[PDB]
Visitor: 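So I pulled up a structure with nirmatrelvir (bound form) in it.
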Number of protein chains: 2
Amino acid sequence: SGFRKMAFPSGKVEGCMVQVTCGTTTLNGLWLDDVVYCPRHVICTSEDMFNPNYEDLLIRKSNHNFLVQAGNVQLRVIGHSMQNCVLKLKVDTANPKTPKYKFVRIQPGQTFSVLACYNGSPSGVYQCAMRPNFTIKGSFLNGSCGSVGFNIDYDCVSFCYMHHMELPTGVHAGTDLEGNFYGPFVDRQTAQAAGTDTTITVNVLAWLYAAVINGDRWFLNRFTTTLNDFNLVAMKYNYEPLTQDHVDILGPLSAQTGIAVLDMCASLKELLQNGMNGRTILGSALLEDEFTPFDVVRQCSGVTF
Amino acid sequence: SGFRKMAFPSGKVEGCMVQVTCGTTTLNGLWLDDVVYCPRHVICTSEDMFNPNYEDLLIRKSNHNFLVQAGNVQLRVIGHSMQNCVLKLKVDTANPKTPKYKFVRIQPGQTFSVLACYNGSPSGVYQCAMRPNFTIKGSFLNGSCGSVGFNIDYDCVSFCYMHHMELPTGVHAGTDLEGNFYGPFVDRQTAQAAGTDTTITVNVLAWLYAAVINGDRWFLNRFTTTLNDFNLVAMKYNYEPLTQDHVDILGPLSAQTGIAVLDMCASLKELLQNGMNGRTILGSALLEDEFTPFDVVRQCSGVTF
Ligand SMILES: CC(C)(C)[C@H](NC(=O)C(F)(F)F)C(=O)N1C[C@H]2[C@@H]([C@H]1C(=O)N[C@H](C=N)CC1CCNC1=O)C2(C)C
Ligand SMILES: CC(C)(C)[C@H](NC(=O)C(F)(F)F)C(=O)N1C[C@H]2[C@@H]([C@H]1C(=O)N[C@H](C=N)CC1CCNC1=O)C2(C)C
Ligand SMILES: [Cl-]
Ligand SMILES: [Cl-]
Ligand SMILES: [Cl-]
Ligand SMILES: [Cl-]
Ligand SMILES: [Cl-]
Ligand SMILES: [Cl-]
Ligand SMILES: [Cl-]
Ligand SMILES: [Cl-]
Ligand code: NA
Ligand code: NA
Ligand code: NA
Ligand code: NA
Ligand code: NA
Ligand code: NA
Ligand code: NA
Ligand code: NA
Ligand code: NA
Ligand code: NA
């Protein structure tokens, strides 16, 4: 028993982390096969990052201008190109530790593990969730760029995020592994603001199922409700509208616990209108919305990789 | 910026995880050099675990009775012995992925990363803290035994915990890598209860420093206090007595933030007597005591491994 913010094992991702240095800027790169993916502002100086012309800054750069280091071995760059906000550095040696992988673009509310790195070396791993405002809350410092977000399915590592910048409210923004930003953000040091964030409703319900699985049951009531009646109350508390797709995704958890999804919605409805009354759930005095239904099943059933 | 429950990169530990099967019981083992460490109740049946005689159960076992699998390769066992509550299975092949490591016995209040495994395969990683009652809150299911807790210093992996059992209150107990249990617990299915747990005071203060580092400052006041005056108030809220050693350990954080330790104690004193007044700290409405001062510095300064 027990429930924890559990990240995926980062071993497969650690074997692909490299150091990328262009001039005086040093960032992290993702070494898959014979290509190194890294944020495109590695070619920027401190003054370039205000109004950067990445196309122009890349013309004045040759292959030898990119210093890629895998541990104590320097990777010879034999090609380079730019795909949106990421550079593709072609090296003459393929990474032997390249795991089976895929490039995916996750949806808001979905979670992933972040392997925070500096100078091509991993510092730690934690769990994150793509907020509905297309930002992620993170733990990133300068030099963390190129660190990636990921999910693991059996032997396949699905890369879904690459860090790029931090917003004034302390949250972080980045792109997918094709350089496409999550949200209306751009990689330049100007005034940028994240939109109003909302609470991921389907993840809150999944977190309530984990609580029931682990013995936390005081919030359960004999009432039921309709999807329309629940969304009318949740919308006033800045909660995500619960769709039929979310109910179908919560099916596996509802079947294992024996609690209908609309029953759990009736419990969440009471929790939003009356609070927690000095009580906690899984040791937390606040509702938790960064646990997908799969995160609950994977943790409570022991899915391995 | 940002602060998160961050675990160490588990890559070095994943390369040592193996599957250990004795009869019908399958657990996890730690493959370091040519020795596999695993919990000693792998030789137990379901009925043996009530009043087990591990010495007697081991006499009736030969080397070939232990089935060790590293991925798709079976490791031939050429020796076996028991050290307290752990078995040392000597194999004929040394693990090439053996990292620089050490066996340490951590103190209450210190943290580590748990690589939860099943059938020798990693399921996830999370951060844990050795509670003052010598239990750890965890996320373990049946088959999780042999999973280990660890800390990383540069290139050295310090193994400090091995999972064994779960207590009735949902918490978990285990041993060090020499088979010595943490606390007065034994590896048998009988009535066992964890003592009254307390809040790790020095870790709460370290968590308050991380909050100040990340902009959370509403709880700061102009008051100061003495170590004697703070411990008199904290003792009534079931907090750990703050010692001079704890103040010296918080030195690095106090110097970086420019806030004296006794000043932070004056803030914590007010927080314990008056609550949080509907406010949060680092998004949390409860005080956090599983972040050592080193965990704060390592995360907020980007220490890599
Ligand atoms: C935070 C700062 C106000 C400086 C700025 N923010 C905005 O410009 C915004 F407001 F538009 F977001 C910003 O992050 N950057 C300016 C510039 C890059 C980037 C950057 O330094 N990346 C770091 C690389 N290691 C990761 C860091 C550092 C701090 N926190 C992180 O996460 C680019 C957008 C090209
Ligand atoms: C939880 C149970 C009431 C069954 C019992 N607890 C107590 O006997 C106590 F109350 F004394 F703690 C207990 O855990 N065990 C009985 C027996 C071992 C062990 C065990 O099953 N280990 C599992 C191995 N994969 C890890 C698990 C399983 C569930 N939760 C975990 O963490 C031994 C102590 C030899
Ligand atoms: Cl956690
Ligand atoms: Cl840097
Ligand atoms: Cl129930
Ligand atoms: Cl009541
Ligand atoms: Cl977290
Ligand atoms: Cl099992
Ligand atoms: Cl301040
Ligand atoms: Cl006020
Ligand atoms: Na629990
Ligand atoms: Na200009
Ligand atoms: Na591929
Ligand atoms: Na600003
Ligand atoms: Na149930
Ligand atoms: Na913050
Ligand atoms: Na008997
Ligand atoms: Na050694
Ligand atoms: Na019991
Ligand atoms: Na300060």
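A, B, C, ... go to the sequence lines in the order they are written. By the numbers in the PDB entry, the shown part of chain A spans 1-305. Chain B residue numbers are taken from the PDB entry; in order, the displayed residues are 1-305. First listed ligand is number 1; within each ligand, the first listed atom is number 1. Heads up, header says this was done by X-ray crystallography, 2.2 Å.
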Visitor: Across the whole structure, where does one find nirmatrelvir (bound form)?
Guide: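 It corresponds to ligands 1 and 2.
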Visitor: In this entry, what is the main binding partner of nirmatrelvir (bound form, ligand 2), named as in UniProt?
Guide: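 Main binding partner here: 3C-like proteinase nsp5.
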Visitor: In this structure, which other chains have a heavy atom at a distance under 4.0 Å from nirmatrelvir (bound form, ligand 2)?
Guide: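 Heavy atoms from other chains: B.
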Visitor: Which residues form the binding site of nirmatrelvir (bound form, ligand 2) when counting heavy atoms under 4.0 Å?
Guide: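 Sure - by heavy atoms, that gives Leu27(B), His41(B), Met49(B), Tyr54(B), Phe140(B), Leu141(B), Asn142(B), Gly143(B), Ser144(B), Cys145(B), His163(B), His164(B), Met165(B), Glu166(B), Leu167(B), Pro168(B), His172(B), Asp187(B), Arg188(B), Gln189(B), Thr190(B), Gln192(B).
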Visitor: Less than 3.5 Å between some nitrogen or oxygen of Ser1(A) and one of nirmatrelvir (bound form, ligand 2), yes or no?
Guide: no
Visitor: Check each atom of nirmatrelvir (bound form, ligand 2) against the heavy atoms of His172(B) and keep those under 4.0 Å away; list them by number with element.
Guide: 32 (O)
Visitor: Under 4.0 Å from a heavy atom of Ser144(B): give me the atoms of nirmatrelvir (bound form, ligand 2) that qualify, with their elements.
Guide: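 Every atom of nirmatrelvir (bound form, ligand 2) under 4.0 Å from some heavy atom of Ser144(B): 25 (N).
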Visitor: Any nitrogen or oxygen of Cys145(B), main chain or side chain, under 3.5 Å from a nitrogen or oxygen of nirmatrelvir (bound form, ligand 2)?
Guide: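 Yes; at least one N/O pair falls below 3.5 Å.
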Visitor: At a 4.0 Å threshold, what atoms of nirmatrelvir (bound form, ligand 2) neighbour a non-hydrogen atom of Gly143(B)?
Guide: 24 (C), 25 (N)
Visitor: Which UniProt domain of chain B gets most of the contacts from nirmatrelvir (bound form, ligand 2)?
Guide: Peptidase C30
Visitor: Near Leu167(B), which atoms of nirmatrelvir (bound form, ligand 2) are under 4.0 Å from a heavy atom of that residue?
Guide: 12 (F)
Visitor: Does any N/O atom on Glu166(B) come nearer than 3.5 Å to any N/O atom on nirmatrelvir (bound form, ligand 2)?
Guide: yes
Visitor: What are the atoms of nirmatrelvir (bound form, ligand 2), with element, lying closer than 4.0 Å to any heavy atom of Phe140(B)?
Guide: 32 (O)
Visitor: Does an N or O anywhere in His163(B) fall below 3.5 Å from an N or O of nirmatrelvir (bound form, ligand 2)?
Guide: yes
Visitor: For nirmatrelvir (bound form, ligand 2), which atoms sit closer than 4.0 Å to a heavy atom of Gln192(B)?
Guide: 11 (F)
